[PDB]
Amino acid sequence: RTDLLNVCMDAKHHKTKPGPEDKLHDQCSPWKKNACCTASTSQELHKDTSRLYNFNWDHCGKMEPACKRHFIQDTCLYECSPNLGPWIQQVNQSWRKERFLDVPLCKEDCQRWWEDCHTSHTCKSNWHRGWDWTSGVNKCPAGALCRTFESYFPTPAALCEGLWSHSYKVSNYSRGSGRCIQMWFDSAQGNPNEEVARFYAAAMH
Ligand SMILES: *[C@@H]1O[C@H](CO)[C@@H](O[C@@H]2O[C@H](CO)[C@@H](O[C@@H]3O[C@H](CO)[C@@H](O)[C@H](O)[C@@H]3O)[C@H](O)[C@H]2NC(C)=O)[C@H](O)[C@H]1NC(C)=O
Ligand SMILES: Nc1nc(N)c2nc(CNc3ccc(C(=O)N[C@@H](CCC(=O)O)C(=O)O)cc3)cnc2n1
Ligand SMILES: [Cl-]
Ligand SMILES: [Cl-]
Ligand SMILES: [K+]
C-alpha cells in the first residue's frame, strides 16, 4: 500500500528517490515540486532523437507539433512521475529492471492524443519492440510500411494501450475525477495524480 507511494522506478534515467526539481524544462515543469527526473533529463527529452534513448519520433517524415507535444508530455510522465508505484512491474531488460503496466490513463487525455496525431505517420503499432536499431537510431524494420497514424492506431485505445506494450490502459474515468492518471495537468492545486496513486494503491490491494 503506502510503500507504493512516492517512488521512482528502477529504470535507465530515473533518480533513486522523488525530490524537488525547480529547473525542470518546458513541458516537464508541472512536475517541478516533486519528480523522478533531473533537470538535465527534462531538457534532453524535448529534443528530436534525444540522447535519452536515441528515439526518433520523425521516423516517417516530420511528426506534427500538435502531435509531438503529446509524445513529449508522455515522456515527461514516464521519466518524471513519482506517482506510478501501483503499476510498476518487474521486467528483465538490459536498460531497465522495471516498467509500468496498465496505468489508468484518463480517457480524454488518450482521445486528445489520438486526435492530434491523425495528420502524422508511423510504420508500427508498437514502439517498444521491433525497430531496426543497427544504425543506433530506431528505423522502420522489414515488413513495416509508413502509413497514417490511424492505420496503425484505429482507435484511441489502440494508441494508448499498444504504444508501449500496455503501459497504459484507458480508464473510463475523466480528467479531474481523481480516479485516473492525467498526462496533462497544471499544478495549480498541486499534482492531481498523487491522490490517484494513493487511491489505487489501496483499491488494487
Ligand atoms: C463509461 O462512463 C460513462 C459515463 O461517463 C458511462 O455512460 C453511461 O452509460 C449508461 C448505460 O450503461 C447510459 O445510460 C442509458 O442512458 C440513458 C440516459 O441518457 C437512460 O435513459 C437509459 O436508461 C440508460 O441508462 C448513460 O447515458 C451513459 N452516461 C451518459 C452521460 O451518457 C458508460 O457506461 C461507462 N462505460 C462502462 C464500460 O462502464
Ligand atoms: N511506458 C513507456 N513510456 C515511454 N514514453 C517509453 N518510451 C520509450 C523510448 N525508448 C526506447 C528504448 C529502447 C527501445 C528498444 O531497444 N526496443 C527494442 C526492444 C528490445 C530491447 O529491450 O532492447 C526493439 O525495438 O526491439 C525502444 C524505445 C521506451 N519505453 C517507454 N515506456
Ligand atoms: Cl490547441
Ligand atoms: Cl527484453
Ligand atoms: K504524476
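Heads up, chain A uses the PDB entry numbers, so what you see runs 24-228. First listed ligand is number 1; within each ligand, the first listed atom is number 1.
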Peer 1: The drug at ligand 2: which of bekanamycin, crenolanib, troglitazone, zidesamtinib, aminopterin is it?
Peer 2: aminopterin
Peer 1: So I'm looking at this entry - what's holding onto aminopterin the most? Name it the way it appears in UniProt, please.
Peer 2: Folate receptor beta
Peer 1: Report the binding site of aminopterin using a heavy-atom cut-off of 4.0 Å.
Peer 2: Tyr76, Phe78, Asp97, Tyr101, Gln116, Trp118, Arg119, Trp150, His151, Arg152, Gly153, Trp154, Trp156, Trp187, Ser190
Peer 1: I'd like to check whether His151 has a polar contact with aminopterin, where a contact means an N/O of the residue lying under 3.5 Å from an N/O of the ligand.
Peer 2: yes
Peer 1: Which of the atoms in aminopterin, numbered in the order shown and given with their element, are less than 4.0 Å from a heavy-atom of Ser190?
Peer 2: 1 (N)
Peer 1: Help me out: which organism is listed for chain A in the entry?
Peer 2: Homo sapiens
Peer 1: Can you list the atoms of aminopterin that are under 4.0 Å from a heavy atom of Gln116?
Peer 2: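 With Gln116 as reference, the close atoms of aminopterin come out as 22 (O).
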Peer 1: Considering both backbone and side-chain atoms of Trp118, is one of its nitrogen or oxygen atoms within less than 3.5 Å of a nitrogen or oxygen in aminopterin?
Peer 2: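 So aminopterin has an N or O lying under 3.5 Å from an N or O of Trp118.
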Peer 1: Can you confirm, on distance only, whether aminopterin has an N/O atom lying under 3.5 Å from any N/O atom belonging to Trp156?
Peer 2: yes
Peer 1: Does an N or O anywhere in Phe123 fall below 3.5 Å from an N or O of aminopterin?
Peer 2: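 There is no such contact.
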Peer 1: Which protein N or O atoms sit under 3.5 Å from any N or O of aminopterin? Give each pair with its distance.
Peer 2:
unit_1, atom_1, unit_2, atom_2, d
aminopterin, 1 (N), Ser190, OG, 3.4
aminopterin, 3 (N), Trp187, NE1, 3.4
aminopterin, 5 (N), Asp97, OD2, 2.9
aminopterin, 5 (N), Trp187, NE1, 3.4
aminopterin, 17 (N), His151, O, 2.6
aminopterin, 22 (O), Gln116, NE2, 3.0
aminopterin, 22 (O), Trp118, NE1, 3.2
aminopterin, 25 (O), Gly153, N, 3.2
aminopterin, 25 (O), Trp154, N, 3.0
aminopterin, 25 (O), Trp156, NE1, 2.9
aminopterin, 26 (O), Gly153, N, 2.7

